[PDB]
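For reference, the structure discussed in these notes is given below.
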Amino acid sequence: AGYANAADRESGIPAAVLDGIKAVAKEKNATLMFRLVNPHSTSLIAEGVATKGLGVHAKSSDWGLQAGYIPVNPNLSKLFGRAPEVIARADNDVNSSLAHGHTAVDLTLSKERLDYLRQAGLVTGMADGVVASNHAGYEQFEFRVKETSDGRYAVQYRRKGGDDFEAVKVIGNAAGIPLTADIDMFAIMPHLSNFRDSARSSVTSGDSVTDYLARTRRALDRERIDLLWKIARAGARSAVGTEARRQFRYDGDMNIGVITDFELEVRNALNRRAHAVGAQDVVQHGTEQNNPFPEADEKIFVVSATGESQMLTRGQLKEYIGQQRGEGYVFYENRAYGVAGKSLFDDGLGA
Amino acid sequence: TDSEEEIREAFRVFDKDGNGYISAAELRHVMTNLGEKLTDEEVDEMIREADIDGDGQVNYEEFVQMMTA
Ligand SMILES: Nc1ncnc2c1ncn2CCOCP(=O)(O)OP(=O)(O)OP(=O)(O)O
Ligand SMILES: [Ca+2]
Ligand SMILES: [Ca+2]
Ligand SMILES: [Mg+2]
Ligand SMILES: [Mg+2]
Ligand SMILES: [Mg+2]
């Protein structure tokens, strides 16, 4: 259907991609929560631009024809008139990314994006291709673009009354596909039934308790109750991915962050739908519940296991989680939330 | 030998409702979800088995105990 309400539209997630998200959330019976996607990224993501992993710390740009991309020249990124000591901190970030698979690439936009930019007010007309803008970033840099018999426009620029122009360089895939922001998941609340097989392969053998006992034992049952608690322990332990969160996971040569087995499934299932719709990988790492640098945005986009979407304040988020847990959906919180007095749990919270 | 923060996350899976205790009803739900259909009597047996202090429910310390093996 695409977007079914305001939430979906304010999420910043391209509609086709979002369609897959809602379908996955239902297929794997799991509530999926995401942090907002910057609207300048929404269109790049849909025409198939690549999404960035944790191996990229350079900062995006929010202005000019380069908005949505990650500039090699930090003065072209959101960090425009900062300190010289920040263009440096920023200079290095970029450099740590090109030494590692990430490439330098000549920015070229598609027609459609050129439209989006102009209709967004980011780029105020141009000569017949010599852009204008009211961003202070235009009181120091000069921009222009030159189409190609390829339909795409090559972005170029120069320093104020300081002479030749040159293509703006943007960080791309190892494959040189430019990168825009990725879709950060806030958390994944898997329904507990998703861990039956997981508990059985750990305790019995794959077998139900009844089948396992008939098989290995012989014609109040202390044994049977113990084995029942054993799958209960193993079930929650898998659900919360206790063991998996002790290490980092890698996707090929890309550090995926800390992620449970089930969360990895979700990620793969999501990126699969993204590919089927023209996109490339959109979820590049684990959940915010495992982020050491916990960020505190205050609005969260939520897609329930039933397909229903909405936005939530931290407060509506506590009750939501509480309501959801009542229905058997498991949730664990970023370990540093408590010590800062921001836990979403209202329990003893301790031992 | 999980850590204390590790065992509390797991504990929360069982403790569906607000309070820091596992009741028979919450345990029946976990068991059904994990592939085991049990009677009120079987559920009572599992809670009794873990209920050290005898209050009808499994608290955090009691959980910490047997989740050994
Ligand atoms: N599971 C995780 N493990 C490790 N780091 C994580 C994890 N989840 C998130 N992070 C780190 C940063 O979050 C994502 P990322 O998509 O980089 O953010 P960003 O919002 O673009 O940062 P910026 O505005 O500082 O550029
Ligand atoms: Ca409880
Ligand atoms: Ca007790
Ligand atoms: Mg980040
Ligand atoms: Mg990310
Ligand atoms: Mg991501």
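The chains referred to below are lettered A, B, ... by the order of the sequence lines, with proteins before strands, and numbering in each begins at 1. First listed ligand is number 1; within each ligand, the first listed atom is number 1. Recorded method for this deposit: X-ray crystallography, 2.2 Å. Any value given below was found using the heavy atoms of this structure, including those in side chains, with hydrogens, waters and symmetry copies removed.
- PDB records give the name of the drug at ligand 1 as PMEApp.
- The main partner of PMEApp (ligand 1) in this structure, judged by heavy-atom pairs under 4.5 Å and named as in the PDB entry, is CyaA with C-terminal Calmodulin.
- By chain letter, the other chains having a heavy atom closer than 4.0 Å to PMEApp (ligand 1) are A.
- Here is the list of PMEApp (ligand 1) atoms found below 4.0 Å of a heavy atom in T287(A): 1 (N), 2 (C), 8 (N).
- Among the ATP-binding residues UniProt records for chain A, the set within 4.0 Å of PMEApp (ligand 1) by heavy-atom distance is empty.
- Atoms of PMEApp (ligand 1) found under 4.0 Å from any heavy atom of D182(A) (numbered from 1 in listed order, with element): 16 (O).
- Within the listing of PMEApp (ligand 1), atoms 21 (O) sit less than 4.0 angstrom from a heavy atom of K52(A).
- From the protein, the heavy atom lying nearest to atom 22 (O) of PMEApp (ligand 1) is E295(A) OE2, 4.2 Å.
- Backbone and side-chain nitrogen or oxygen atoms of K59(A) are examined, and one is located within less than 3.5 angstrom of a nitrogen or oxygen of PMEApp (ligand 1).
- Annotation: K78(A) places no N or O atom under 3.5 Å from an N or O atom of PMEApp (ligand 1); distance criterion only.
- With respect to atom 11 (C) of PMEApp (ligand 1), the closest heavy atom belonging to the protein is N291(A) OD1, 2.9 Å.
- For atom 17 (O) of PMEApp (ligand 1), the nearest protein heavy atom lies 4.0 Å away or farther.
- When heavy-atom distances to PMEApp (ligand 1) are checked against a 4.0 Å cut-off, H285(A) comes that close only through its side chain, counted from C-beta outward.
- No part of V56(A) comes within 4.0 Å of PMEApp (ligand 1), judged by heavy-atom distances.
- Among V283(A), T51(A), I256(A), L54(A), the residue whose heavy atom lies nearest to atom 4 (C) of PMEApp (ligand 1) is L54(A).
- Other ligands and ions with any atom nearer than 4.0 Å to PMEApp (ligand 1): ligand 4 (magnesium ion), ligand 5 (magnesium ion).
- The ligand atoms of PMEApp (ligand 1) that sit less than 4.0 angstrom from a heavy atom of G257(A) are 3 (N).
- Of the candidates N255(A), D184(A), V258(A), it is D184(A) that places a heavy atom closest to atom 19 (P) of PMEApp (ligand 1).
- The residues of other chains having a heavy atom under 4.0 Å from PMEApp (ligand 1) are listed as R35(A), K52(A), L54(A), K59(A), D182(A), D184(A), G257(A), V258(A), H285(A), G286(A), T287(A), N290(A), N291(A).
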